[PDB]
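Working notes, structure below.
Chain IDs: alphabetical, in sequence-line order. Per the PDB entry, chain A residues shown: 1-16, in order. We number chain B the same way the PDB entry does; the residues here are 1-16, in that order. Any modification is hidden behind the parent amino acid or an X, and its added atoms are not counted in contacts.
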Protein chains: 2
Amino acid sequence: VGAXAXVXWXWXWXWX
Amino acid sequence: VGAXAXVXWXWXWXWX
């Protein structure tokens, strides 16, 4: 859990 | 729905 790559919020694919 | 900033899969904060 924290910051880097995986799922949550930030930059990538999913919901805007 | 698509790519950019928000919630989903990629880089940011959450679960790895």
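Choosing among pasireotide, octreotide, gramicidin, one finds at chain A the drug gramicidin. The deposited model's entry lists chain A under the name gramicidin A.
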